[PDB]
S.K.: 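Questions regarding the structure given below will be posed in turn.
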Amino acid sequence: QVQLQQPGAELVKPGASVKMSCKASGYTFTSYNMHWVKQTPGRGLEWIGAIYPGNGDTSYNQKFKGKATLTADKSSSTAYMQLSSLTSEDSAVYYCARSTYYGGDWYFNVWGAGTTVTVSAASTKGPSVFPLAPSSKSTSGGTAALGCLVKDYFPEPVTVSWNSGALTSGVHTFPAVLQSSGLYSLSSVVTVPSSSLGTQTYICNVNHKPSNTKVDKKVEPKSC
Amino acid sequence: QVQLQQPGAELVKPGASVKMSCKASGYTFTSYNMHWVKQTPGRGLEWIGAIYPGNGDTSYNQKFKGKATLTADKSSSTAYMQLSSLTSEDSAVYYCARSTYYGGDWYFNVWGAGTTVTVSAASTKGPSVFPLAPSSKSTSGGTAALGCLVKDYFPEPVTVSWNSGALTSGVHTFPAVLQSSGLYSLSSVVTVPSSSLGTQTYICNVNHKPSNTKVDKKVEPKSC
Amino acid sequence: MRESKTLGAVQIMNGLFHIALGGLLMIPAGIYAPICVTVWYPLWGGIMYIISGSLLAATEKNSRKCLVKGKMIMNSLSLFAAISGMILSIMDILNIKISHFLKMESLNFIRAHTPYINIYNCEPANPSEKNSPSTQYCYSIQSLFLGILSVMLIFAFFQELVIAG
Amino acid sequence: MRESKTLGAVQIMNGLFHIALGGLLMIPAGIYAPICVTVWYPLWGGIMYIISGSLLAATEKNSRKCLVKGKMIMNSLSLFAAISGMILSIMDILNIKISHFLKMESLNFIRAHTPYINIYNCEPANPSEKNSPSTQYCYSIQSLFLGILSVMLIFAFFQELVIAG
Amino acid sequence: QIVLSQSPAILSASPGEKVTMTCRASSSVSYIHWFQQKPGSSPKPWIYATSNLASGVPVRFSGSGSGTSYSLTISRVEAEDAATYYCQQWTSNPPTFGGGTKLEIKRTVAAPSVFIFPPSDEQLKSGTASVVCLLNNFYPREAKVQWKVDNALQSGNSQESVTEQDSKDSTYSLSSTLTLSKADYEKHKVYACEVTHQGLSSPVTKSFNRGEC
Amino acid sequence: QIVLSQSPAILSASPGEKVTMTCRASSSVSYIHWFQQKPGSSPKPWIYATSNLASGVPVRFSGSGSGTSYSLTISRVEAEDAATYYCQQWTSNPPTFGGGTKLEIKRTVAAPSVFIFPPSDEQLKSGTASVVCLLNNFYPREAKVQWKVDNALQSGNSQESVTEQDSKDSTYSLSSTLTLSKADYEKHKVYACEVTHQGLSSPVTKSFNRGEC
Ligand SMILES: CC(C)CCC[C@@H](C)[C@H]1CC[C@H]2[C@@H]3CC=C4C[C@@H](OC(=O)CCC(=O)O)CC[C@]4(C)[C@H]3CC[C@]12C
Ligand SMILES: CC(C)CCC[C@@H](C)[C@H]1CC[C@H]2[C@@H]3CC=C4C[C@@H](OC(=O)CCC(=O)O)CC[C@]4(C)[C@H]3CC[C@]12C
Ligand SMILES: CC(C)CCC[C@@H](C)[C@H]1CC[C@H]2[C@@H]3CC=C4C[C@@H](OC(=O)CCC(=O)O)CC[C@]4(C)[C@H]3CC[C@]12C
Ligand SMILES: CC(C)CCC[C@@H](C)[C@H]1CC[C@H]2[C@@H]3CC=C4C[C@@H](OC(=O)CCC(=O)O)CC[C@]4(C)[C@H]3CC[C@]12C
Ligand SMILES: CC(C)CCC[C@@H](C)[C@H]1CC[C@H]2[C@@H]3CC=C4C[C@@H](OC(=O)CCC(=O)O)CC[C@]4(C)[C@H]3CC[C@]12C
Ligand SMILES: CC(C)CCC[C@@H](C)[C@H]1CC[C@H]2[C@@H]3CC=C4C[C@@H](OC(=O)CCC(=O)O)CC[C@]4(C)[C@H]3CC[C@]12C
């Protein structure tokens, strides 16, 4: 029943600032401390600070004391965090959390859904889709590997399906890689009976809603 | 929804001992402190002590440290307090209460219904009921006062009604007084038109369930 | 005789140590303060110990000794200060460890910094707390007060052994 | 000259008070202890200060002087304690009040009595607590440690003013 | 241990206006908590941490204060507000409760209707004499009854009991009972109770002669 | 600030095994709290105050320890138990989280099926060459791919990515991509990736010749 709600993502130009919100529901907002937590794939979980909306006392981790600023609307039941002077170091997931005194120690008993921040200067870019054509150079044991390469798009995500979703067995879609150009690239592959590559038609359906891209690519055994 | 259930009353011979219970429901019993409180009309509210059923640590007020002993069943979700060497000083209401840490301080957020302890050597005694007959010596302004005296019974309570409950207007039943013989006495009175004391029939119906006494007394001006 | 100049020097050092420990003990630490501080003893004791250094005067035997006879009264009153100072400390050390024989209201500008604290009872009402850090904080403060008072006791006692000379 | 016996007496008293404050400061108070205690400074300092009371032996000019010249070396070593002790105390008083320039692990039998405690950081993570008595204890203990260290600093400095020929 | 004193002991107002009550500690406390109790129930929590209303408490109430001095205030009293209020503290060991404040409802002054009942014939056959003096529907509560027998003042031989205040007319009723042995009841002729009250310009005596019927 | 070290980094067990994982603090702490996270969700609270199970946690789990040394234990691992577990402390400022432990499922060794794709004509017409080396359905995760072009070792010009583990057969799939300019792609004839894995008795190379089709 108790819940915390956050927006899903933010896009920010470098050096600008961003403000993101956590809204409470189902409990007496002014009676508990609200805490903020940062996660990254390189340094795990780090604690930013807290606010007591009952009176506006705050506390900060010194390492972030120059970045963050915590405030609360005592009437609207909304907490805000503001971050200033963003750099590539700040791309991370940020959570709000509620803490309660329970069983002789504090613990974080409820967590928000999390907000993702991307720091990037890059504009929206629609992808180019290139086939990984099946071939004798891709035939094995009565199976062939084939796929689609979704090259150079921004921002995430891309969705891939095959034959409008009629083909699903053996599909592996890999996590996107951020490239040195700042674009992303992704690939998806599937294995099919190599005996019928000459008779069966396979089309991947690529959608990139942020760019409204909707592209169908036929995949057929034209080697090279 | 959280509830603490206690038994209603205890009768104890002087100098013996009594054990009273407080059963919890609706929450993780092992995770909060349980507190006991004493109320008397002379001293008001006094705090006896506490138990933490999570491990059995206890704390006592020194003034009671020789009287009480607190213990808990970690499996059955029941607390117990035992009292020893009872005297007339121990007749009071005893409450269990649940303490939580909330809003920056402790507070007692849930209370049991309370157990009443009476210290008395006296046996069960059925009352004698005497009329306070209406008369010219009890006539005023077109009204007469009449009543029933429920004398010398034990233990409490007595219930009084009039004409099987058909008369309720103007009835005042006074709180019982404990007498120096250790018995209680009570009286109930009602004012009626004095013009009709010779014509109307008024009967009080006295029930003393502990003694199973059920007595009807006609109240009439005809006695002095 | 020639011990006397030395004894005076010792008495002066012993006097400055009381001013030091007396000030340190008066740091805000609760609504109740030790009797000796509320009696204000650590100041007057030290002052009289230094004054009683008057035997610091050289023994000028100029027809009749320049250690004017009133100084003997001075020395004697300082012995009265020594005894009373010892007794006050051995009383305070008991008030910390069994129960209040007395309680004393401290001083108002001290209370301005520790209004919600007592060091004389230190056990939580809530048994869940018996391992909370707050209790270890309280017991550590009691141990510091017992320390300071015991050092005061032994150095005060070190007057009575010798200020009779 | 004749000041020398008195100076020796003063030096001895000043040495005993270091043993006293050094012991009192070692009472359990967390995982981190002041540098001077981990260095054991108060014990060696006091011991050297007492031995340097050798001038109490007075000027035995019998034969070649019986204040044996090695005593001048003896005097000379004790000066090394006064400087280093003063520098240690003025370093520790900084570690308490801006940040850890150093941290030192205390001693194991001390930790057995205060394992969950520190005094070098003292502010709660939960802002609801900023008025809880639990916090007022920690500031009071910091104030006691600053007091003890400042008194040690001044009485140590009082050697360097005089422990020289 | 620290003690909390409350004032006034009994407080009174007319519906629809402001009233206030104080609790003063002998030493400064971090917070005060307020509880409401009515006859025949457990206390209820009412205000926690000096100024936060508990669940369901009507917005009429507010709480305020700091240091040693605190207050609770009611903006517009209503007939359901009648109860006893205790302040409470957790600052030191043990926790303690105040002596309580009782809240009445004012009304106009009403003099008591007085009645007296001689012993029943059935009681005299049982060897007991009880004399009941009744004061009916009066306000304020303060009243005094003195028993006189043949103009001689009785003492130490009577008990009296009073209802709580009736929620529909705000009056009180009191009964006082004098009890004597039968042998002492028949030693005298005139038996009286004397009533004094703010609504009476002089005491009113109701009395009878023994054997007058 | 005190640091919590977790071991092992990757923990491996079959269903029905007992398993244990440990956290050691640099200093003694009052309690350890444990959290579970899965890809794509917030962490969940799992054990609080060293040994109390949170709501709905299956009875398979238990927690234990004291002082500087703590452990969490699972009596009979099941396929849903796959997650990352973080320990946490509140004893000092700031509160800190451990480096985490990742829990896998054991299975038998499976060698990868390897496939290679030359660039498409559409990519060459755009001016780009991308070479993809695919390793399919293998175990353990640990594998190595070296690119060789005309027997010359490539370095610093490739990126690879691996799927999450499949919930039905516990295998992995891996792709590596080599990217060159078109002008560099057509300077050579033989392009190769070399795959080494525990399931392979020797490296297997799949390669093709440019301009041979
Ligand atoms: C021989 C004794 C009786 C007197 C010793 C000299 C005193 C005049 C000194 C010793 C300790 C000092 C007290 C120690 C601690 C404090 C708390 C202090 O407040 C703080 O330290 C925090 C706020 C601040 O002052 O910046 C206010 C002054 C006071 C009472 C000091 C006032 C002056 C005192 C009493
Ligand atoms: C810690 C405090 C209580 C010490 C108190 C010391 C006093 C008791 C001493 C200090 C100075 C002394 C005084 C120094 C000088 C004089 C003047 C002297 O006057 C004379 O006339 C002496 C020569 C003469 O008789 O002609 C009498 C003693 C008296 C009062 C001494 C009496 C004792 C005094 C007051
Ligand atoms: C000139 C030199 C020799 C004087 C040295 C005096 C202090 C440095 C020593 C002497 C006695 C010691 C004290 C003796 C007793 C205690 C009580 C002890 O506290 C408890 O034991 C609390 C728990 C319990 O009651 O058992 C803590 C150390 C302490 C303060 C000791 C602190 C250091 C003291 C004061
Ligand atoms: C000159 C200085 C550097 C060293 C002097 C060492 C001893 C005179 C004193 C100094 C501090 C004292 C310690 C202060 C506190 C304690 C805790 C004490 O334990 C308790 O007080 C609770 C249990 C109990 O003893 O009843 C055990 C002894 C001990 C280590 C004391 C033992 C004797 C010590 C080490
Ligand atoms: C600071 C304190 C704690 C440590 C350092 C003290 C030493 C530096 C003092 C203590 C005793 C002194 C020594 C006592 C005896 C001697 C022997 C003496 O030479 C002889 O007696 C010659 C005949 C013989 O060999 O016995 C020369 C001085 C010396 C070394 C003294 C040198 C300085 C010493 C070692
Ligand atoms: C020989 C006699 C004269 C020596 C006396 C020395 C001590 C008894 C006095 C002198 C200076 C005082 C200290 C001066 C400053 C402080 C800091 C003060 O702490 C704070 O103010 C913290 C809050 C803030 O930063 O304002 C507490 C009292 C204390 C330790 C005092 C404690 C008692 C001290 C050490």
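Residue numbers begin at 1 in each chain, while the letters A, B, ... track the order of the sequences. For this deposited structure, the header notes the method as electron microscopy, 3.3 Å.
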S.K.: Which macromolecule in this structure makes the most heavy-atom contacts with chains B and E, going by the name UniProt uses?
M.R.: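 The chief chain, as UniProt names it, is B-lymphocyte antigen CD20.
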S.K.: Could you help me figure out which of tanezumab, glenzocimab, ligelizumab, rituximab is at chains B and E?
M.R.: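 It is rituximab.
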S.K.: Using a heavy-atom cut-off of 4.5 Å, list the other chains contacting rituximab (chains B and E).
M.R.: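 Those reaching under 4.5 Å with a heavy atom: A, C, D, F.
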S.K.: Help me out: UniProt transmembrane segments of chain C, from the N terminus, that have a heavy atom less than 4.5 Å from rituximab (chains B and E), which are they?
M.R.: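 With UniProt numbering and heavy atoms: 1.
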S.K.: Single out the chain of rituximab (chains B and E) that has the most non-hydrogen atom pairs closer than 4.5 Å with chain C.
M.R.: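 Most non-hydrogen pairs: chain B.
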S.K.: Return the name the entry uses for chain A.
M.R.: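 The deposit names it Rituximab Fab heavy chain.
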S.K.: Tabulate the epitope of rituximab (chains B and E) on chain C at a heavy-atom cut-off of 4.5 Å.
M.R.: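 Non-hydrogen contacts point to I31(C), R111(C), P115(C), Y116(C), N121(C), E123(C), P124(C), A125(C), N126(C), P127(C), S128(C), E129(C), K130(C).
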S.K.: If the contact cut-off is 4.5 Å between heavy atoms, which residues of rituximab (chains B and E) engage chain C?
M.R.: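 The paratope residues, heavy atoms only, are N33(B), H35(B), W47(B), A50(B), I51(B), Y52(B), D57(B), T58(B), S59(B), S99(B), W106(B), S27(E), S28(E), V29(E), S30(E), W90(E), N93(E), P95(E).
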S.K.: In the PDB file, under what molecule name do you find chain E?
M.R.: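 In the PDB entry, it's Rituximab Fab light chain.
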